[PDB]
Asks: 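Looking at a complex of dabigatran and aDabi-Fab2b heavy chain here.
In what follows, chains carry the letters A, B, and so on, assigned in the order in which the sequence lines appear, proteins first and then strands, with residues in each chain numbered from 1. Side-chain atoms are counted along with the backbone in the values below, which use heavy atoms only and exclude waters and symmetry mates. Remember, it's 1-based here, ligands and their atoms both numbered in the order they're listed.
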Amino acid sequence: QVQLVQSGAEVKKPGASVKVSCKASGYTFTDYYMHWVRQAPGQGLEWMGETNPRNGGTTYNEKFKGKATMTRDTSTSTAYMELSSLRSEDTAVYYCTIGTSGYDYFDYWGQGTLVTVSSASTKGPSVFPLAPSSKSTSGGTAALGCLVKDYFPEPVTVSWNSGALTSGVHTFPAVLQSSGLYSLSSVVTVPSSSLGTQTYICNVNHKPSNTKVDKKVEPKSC
Amino acid sequence: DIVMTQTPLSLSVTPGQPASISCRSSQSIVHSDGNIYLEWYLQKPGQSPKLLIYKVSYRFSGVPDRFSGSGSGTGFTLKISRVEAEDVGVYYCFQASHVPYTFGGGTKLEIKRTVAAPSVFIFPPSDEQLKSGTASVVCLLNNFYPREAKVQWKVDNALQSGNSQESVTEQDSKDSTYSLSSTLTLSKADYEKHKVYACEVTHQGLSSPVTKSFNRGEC
Ligand SMILES: Cn1c(CNc2ccc(C(=N)N)cc2)nc2cc(C(=O)N(CCC(=O)O)c3ccccn3)ccc21
């Protein structure tokens, strides 16, 4: 039951600050050091530092000193990573992680947090159904989906029937539109025989704009 | 700082065949307690890294027998005796013997499965998008191998240019295939000037190109 739950994606302005949280549960929070790892484009993975949850003691990677500040709240069992003097190089996925066997390994990780550094404004997505029809059938199967357009920044998450539909789902990486906004598609293959009895809803979440869109996808006569 | 040099950058292996990933530290990585804290992690796109090997050669709980680790001094190796579909993603070696802890550059493992032809699907624009004055047509290329596939958008048999965007998925962890989504976007005014909306697909698995089309006004 050990879980590391990170805060949603954020967009911040150049030179400003972002505070990423890591809520721990299923273990005694003060028993294990909390680590922060950065996954930046063309940079692979980088260990930023460790935090002793008992005393707030920290050990930073020199590269992240003065830039990053690690703290924790023992009352809510939440670790925090704050980044200051934000620049394009800080646009990355940030992970919190722990080791439950001394200094042997990182066995538990958070789901990651995408921090975007931009002066541009946050824009919620436009969700359109990709209706199944005779033109989206193949060997007893029917494809359907959702077209998620004109959002900013990344990411948007897509689930189907609130996570109950995962088999045959393909959620594609976003493409960048000429305007600077993003677009993605999410598809699924289902039996073509049960389009009359099954409800297919794509659940689109965009944390920067605090948007949640549930689009029901209905069949068409192509 | 300890520099961890991972080789090769990319690998393509047929299932049931062995794979070897090498890692090289710029200096020795013996911690003050005498242990070499050298670990291997697997990361799939969108997901967090997953532990495989630790202390050079110890296999973490639940990791299959096929994964083994070895090494001495500055040279360390991850070995997968028989590669499986589920092994896809980026492998990283990592050292925690000396502060700051450092990762290798990563090695992308690709599964070398049999040629699979894509299944082609087309989607008309929705009424809700048309209301805003735009019409996006989506062509889906599902479960194909190899990754190289060509989509050509044809409107009343006329080849389109500069009005489409496409994206390919990472390799599938169950069937070792790729999927491709292409979006043709034109104004409602241009959309209503034509009948046939077609995506022509070429792939090594198809003997001749496959056309999937719909007629505007039939949906
Ligand atoms: C530096 N460090 C780490 C780093 N973690 C780590 C995990 C994995 C990896 C890796 N991936 N190889 C690399 C590093 N864990 C530590 C645990 C102790 C410890 O002795 N105590 C008791 C100390 C007291 O209070 O007397 C302790 C226990 C919980 C909280 C605070 N202190 C000391 C030092 C530690």
Asks: Point out each ligand or chain corresponding to dabigatran.
Replies: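 The drug sits at ligand 1.
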Asks: Please list, by chain letter, the other chains with any heavy atom under 4.0 Å from dabigatran.
Replies: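 Going by non-hydrogen atoms, A, B.
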Asks: What residue and atom, counting heavy atoms only, is the protein's closest point to atom 33 (C) of dabigatran, and at what distance?
Replies: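 Among all protein heavy atoms, the one nearest atom 33 (C) of dabigatran is A:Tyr33 CE1, 4.0 Å.
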Asks: B:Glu39 versus dabigatran: do any nitrogen or oxygen atoms come within less than 3.5 Å of each other?
Replies: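 Such a contact does occur with dabigatran.
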Asks: Is the shortest distance from a heavy atom of A:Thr30 to dabigatran less than 4.0 Å?
Replies: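 A:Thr30: in contact with dabigatran (<4.0 Å).
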Asks: How is chain B named in the entry?
Replies: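 Per the PDB entry: aDabi-Fab2b light chain.
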Asks: Can you pull out the closest protein heavy atom to atom 29 (C) of dabigatran? Residue, atom name and distance to 0.1 Å, please.
Replies: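 For atom 29 (C) of dabigatran, the nearest protein heavy atom comes out as A:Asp31 O, 3.0 Å.
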Asks: Which residues, given by chain and number, make up the 4.0 Å heavy-atom shell around dabigatran?
Replies: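 Heavy-atom contacts: A:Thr30, A:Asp31, A:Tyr33, A:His35, A:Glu50, A:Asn52, A:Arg54, A:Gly102, A:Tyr103, A:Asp104, A:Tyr105, A:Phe106, B:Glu39, B:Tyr41, B:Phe94, B:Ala96, B:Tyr101.
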Asks: Between the protein and dabigatran, which nitrogen or oxygen pairs come in under 3.5 Å, and how far apart is each?
Replies:
residue, atom, partner, partner atom, Å
dabigatran, 5 (N), A:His35, NE2, 3.1
dabigatran, 11 (N), B:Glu39, OE1, 2.7
dabigatran, 12 (N), A:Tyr103, O, 2.5
dabigatran, 12 (N), B:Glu39, OE1, 3.4
dabigatran, 12 (N), B:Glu39, OE2, 2.7

